[PDB]
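Report on one structure; see the data block that follows.
For reference, positions follow the sequence shown, starting with 1. Computed from heavy atoms alone, side chains included, the values below leave out hydrogens, waters and symmetry copies. Atoms within a ligand are numbered from 1 in the order they appear, just like the ligands themselves.
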Amino acid sequence: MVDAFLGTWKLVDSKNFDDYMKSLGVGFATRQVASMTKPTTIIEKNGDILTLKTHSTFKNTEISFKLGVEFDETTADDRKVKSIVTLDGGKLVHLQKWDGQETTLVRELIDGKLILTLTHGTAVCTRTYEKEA
Ligand SMILES: C[C@@H](C(=O)O)c1ccc(-c2ccccc2)c(F)c1
Ligand SMILES: C[C@@H](C(=O)O)c1ccc(-c2ccccc2)c(F)c1
């Protein structure tokens, strides 16, 4: 169930995040700070509304959405985007569209860990989170 995603997750591994951030035009000073943060992802539900928070020493984000229903998102870097989150093959797929561009944030559970794959053009970043109590 989507319920297996719920809770508090701490970053334990990251691959190619700098490439992903460069692909979105994130400036070098922000990429430097973000390369060292170890954010917390919190996923909560109330009926069919999910809330996904990310917390770090650099930045906070939060979105709420109904699965399979489009929402407007102002991203952390002030992209004004059209978004949707869905379950697809048991993975939580978050698609953002703006200016004919797309990025996907795909979350899945493997051996109790949460694996986030971030794709924008050719850039693919894999980030691994472990559950907190
Ligand atoms: C989910 C969280 C994380 O990976 O821990 C996160 C936070 C912000 C971003 C982000 C947001 C705006 C531009 C570039 C990257 C991200 F890709 C992932
Ligand atoms: C990964 C996460 C974090 O460190 O908390 C994060 C959050 C915000 C950003 C971001 C990205 C571009 C502009 C402003 C902020 C990021 F690159 C990474």
Which of the following is located at ligand 1: oxymetazoline, forodesine, troxacitabine, flurbiprofen, riluzole?
flurbiprofen
Which chain is the largest contributor of contacts with flurbiprofen (ligand 1) here, and what is it called in UniProt?
Fatty acid-binding protein, heart
Just let me know how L105 lines up against flurbiprofen (ligand 1), side chain, backbone, both or neither, with a heavy-atom cut-off below 4.0 Å.
neither
Using 4.0 Å as the heavy-atom cut-off, which UniProt (9Z)-octadecenoate-binding residues of chain A are near flurbiprofen (ligand 1)?
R127, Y129
My understanding is that we take every heavy atom of each candidate and find the minimum distance to atom 3 (C) of flurbiprofen (ligand 1). Doing that for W9, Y129, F17, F58, which one comes out nearest?
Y129
Heavy atom under 4.0 Å from flurbiprofen (ligand 1): found in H120's side chain, backbone, both, or neither?
neither
Would you mind checking which non-hydrogen protein atom is closest to atom 4 (O) of flurbiprofen (ligand 1), with the distance to 0.1 Å?
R127 NE, 2.7 Å
Which other ligands or ions, by number and name, fall under 4.0 Å from flurbiprofen (ligand 1)?
ligand 2 (flurbiprofen)
I'd love to know which residues UniProt tags as binding hexadecanoate in chain A are close to flurbiprofen (ligand 1), meaning a heavy atom under 4.0 Å.
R127, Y129
Region of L116 engaging flurbiprofen (ligand 1) - heavy atom pairs below 4.0 Å:
side chain
Nearest heavy atom to atom 14 (C) of flurbiprofen (ligand 1) wins, so pick from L11, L24, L52.
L24
Below 4.0 Å from flurbiprofen (ligand 1): does a non-hydrogen atom of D77 turn up there or not?
yes
Residues near flurbiprofen (ligand 1), heavy-atom distance under 4.0 Å:
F17, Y20, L24, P39, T54, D77, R79, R107, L116, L118, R127, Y129
For a distance cut-off of 3.5 Å, show me each N or O of flurbiprofen (ligand 1) paired with any protein N or O, plus the separation.
| residue | atom | partner | partner atom | Å |
| --- | --- | --- | --- | --- |
| flurbiprofen (ligand 1) | 4 (O) | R127 | NE | 2.7 |
| flurbiprofen (ligand 1) | 4 (O) | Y129 | OH | 3.4 |
| flurbiprofen (ligand 1) | 5 (O) | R127 | NH2 | 3.4 |
| flurbiprofen (ligand 1) | 5 (O) | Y129 | OH | 1.7 |

